[PDB]
Undergrad: 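Lab note: structure loaded, ligand of interest is aprotinin.
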Amino acid sequence: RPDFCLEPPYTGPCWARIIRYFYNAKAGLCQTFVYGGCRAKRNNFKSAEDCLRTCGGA
Amino acid sequence: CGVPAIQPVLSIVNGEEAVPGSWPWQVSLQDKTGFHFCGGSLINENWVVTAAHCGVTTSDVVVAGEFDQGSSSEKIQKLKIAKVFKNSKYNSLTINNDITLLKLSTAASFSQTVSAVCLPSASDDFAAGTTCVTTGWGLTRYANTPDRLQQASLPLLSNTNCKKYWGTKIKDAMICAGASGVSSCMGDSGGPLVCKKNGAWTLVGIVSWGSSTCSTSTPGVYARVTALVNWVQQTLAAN
C-alpha cells in the first residue's frame, strides 16, 4: 500500500470543521478526523470505503 | 443591512458568548444530519456568502437564526441550497480568492434574529488598527464546538505587519486580523469579520485560515471582501 497511508491525519491551516477519513495503521481501520478544508494530504478520504480501498492493510 | 434588531454587547479562542440574535446574518452551514462544518453570512434573503474551502454542496443546509446549537427547542430556519457558486479564481494551493456564494432554494424569512450584513464597495478602505468583530461556533480551545455563538473584537492588521509572520503566503485577496489575544478556529471558517461603515456592520472579511493551533498571538487570515465584492455583485446580477 502507498506510504501516505502511514501518515497521521492532517487538519491543515484552514478553519473549517469537515469530517474526513484517514487510515490508522495501528488499528488497521479507517477512522474519522476533522479536516480544515485546504491542503489535504493523501491519507484523507470522503468515505470510509474509499479509504479502505486505498489503504486497507497498510 | 448591518443593523441588528438586537444590539450586541462587546468586550473562536478567548472570545465571549454573544447576545442571542445580536449577529442576525450569521448562519451555520450543516450537512444533512445537522453537523456544523462552517459559518456563513446572509447578504440578503436569498444569498449567503461563505468560504470556498468549506466545500459546500446542494446537499448541505443553511441554518439561520440560531444561537444555541445544543437547544432542540430553539426556533431556527433550516434552508435548502439551490445552487453553489464557487469563485472560479479560488486557488486551492495558495487559498487566495477564498469565497463562495450560496443561492437558497427558499428565501430566508427576515426578522429580529435573521437579517443581512452589508457589503463594502470595492474601493472601501478599512484602516489597519480598526477594531472589528468576528463570530462563529468554532472551537474555543485547541475538542468539541461551543453550543452557543461566540464573538471577539480584534484589530485589522496592515499587510506589512501580517507579512512579518506569514511572509509571501499573504495574497491580494486576503486581509489579516487578530494576533491580539483572540483567534478564529476550526469551525469558524466561512463566517464574518465585520467592521462598522457609517455605523452599519459591513462584511470586510470571511474567516479563512491561520495558525494550525489557533494561536492568539498569530495573525488570522480572512478573504478580503473588498477585493471580491465585484465578483459577488456580478454573480447576483446574473442569477
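Just so it is clear: chains get the letters A, B, ... in the order the sequence lines come, proteins before strands, and each one is counted from 1. Only this structure's heavy atoms are used, side chains among them; waters, hydrogens and symmetry mates stay out.
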Undergrad: Hey, where's aprotinin in this structure? All the copies, please.
TA: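 You'll find it at chain A.
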Undergrad: For aprotinin in this structure, which bound macromolecule has the most atom pairs within 4.5 Å, going by the PDB entry?
TA: Chymotrypsin A
Undergrad: State which residues lie within 4.5 Å of aprotinin, judged on heavy atoms.
TA: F35(B), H36(B), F37(B), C38(B), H53(B), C54(B), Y90(B), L93(B), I95(B), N144(B), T145(B), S183(B), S184(B), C185(B), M186(B), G187(B), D188(B), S189(B), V207(B), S208(B), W209(B), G210(B), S211(B), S212(B), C214(B), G220(B), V221(B)
Undergrad: Extract the residues of aprotinin within 4.5 Å of chain B (heavy-atom criterion).
TA: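 The heavy-atom contact residues are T11(A), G12(A), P13(A), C14(A), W15(A), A16(A), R17(A), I18(A), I19(A), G36(A), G37(A), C38(A), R39(A).
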Undergrad: I'm curious, in chain B, which UniProt domain holds most of what contacts aprotinin?
TA: Peptidase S1
Undergrad: Would you look at chain B and tell me which UniProt active-site residue is nearest aprotinin? The heavy-atom distance to 1 Å is enough.
TA: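 Closest UniProt active-site residue (heavy-atom distance): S189(B), 3 Å.
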Undergrad: Dump the table of donor-acceptor contacts under 3.5 Å between chain B and chain A (aprotinin), or return none if there are none.
TA:
unit_1: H36(B); atom_1: O; unit_2: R17(A); atom_2: NH1; d: 3.1
unit_1: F37(B); atom_1: O; unit_2: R17(A); atom_2: N; d: 2.9
unit_1: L93(B); atom_1: O; unit_2: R39(A); atom_2: NH1; d: 2.7
unit_1: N144(B); atom_1: OD1; unit_2: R17(A); atom_2: NH2; d: 2.9
unit_1: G187(B); atom_1: N; unit_2: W15(A); atom_2: O; d: 2.7
unit_1: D188(B); atom_1: N; unit_2: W15(A); atom_2: O; d: 3.3
unit_1: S189(B); atom_1: N; unit_2: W15(A); atom_2: O; d: 3.0
unit_1: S189(B); atom_1: OG; unit_2: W15(A); atom_2: N; d: 3.0
unit_1: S189(B); atom_1: OG; unit_2: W15(A); atom_2: O; d: 3.0
unit_1: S189(B); atom_1: OG; unit_2: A16(A); atom_2: N; d: 3.0
unit_1: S208(B); atom_1: O; unit_2: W15(A); atom_2: N; d: 3.2
unit_1: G210(B); atom_1: N; unit_2: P13(A); atom_2: O; d: 3.1
unit_1: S211(B); atom_1: O; unit_2: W15(A); atom_2: NE1; d: 3.3

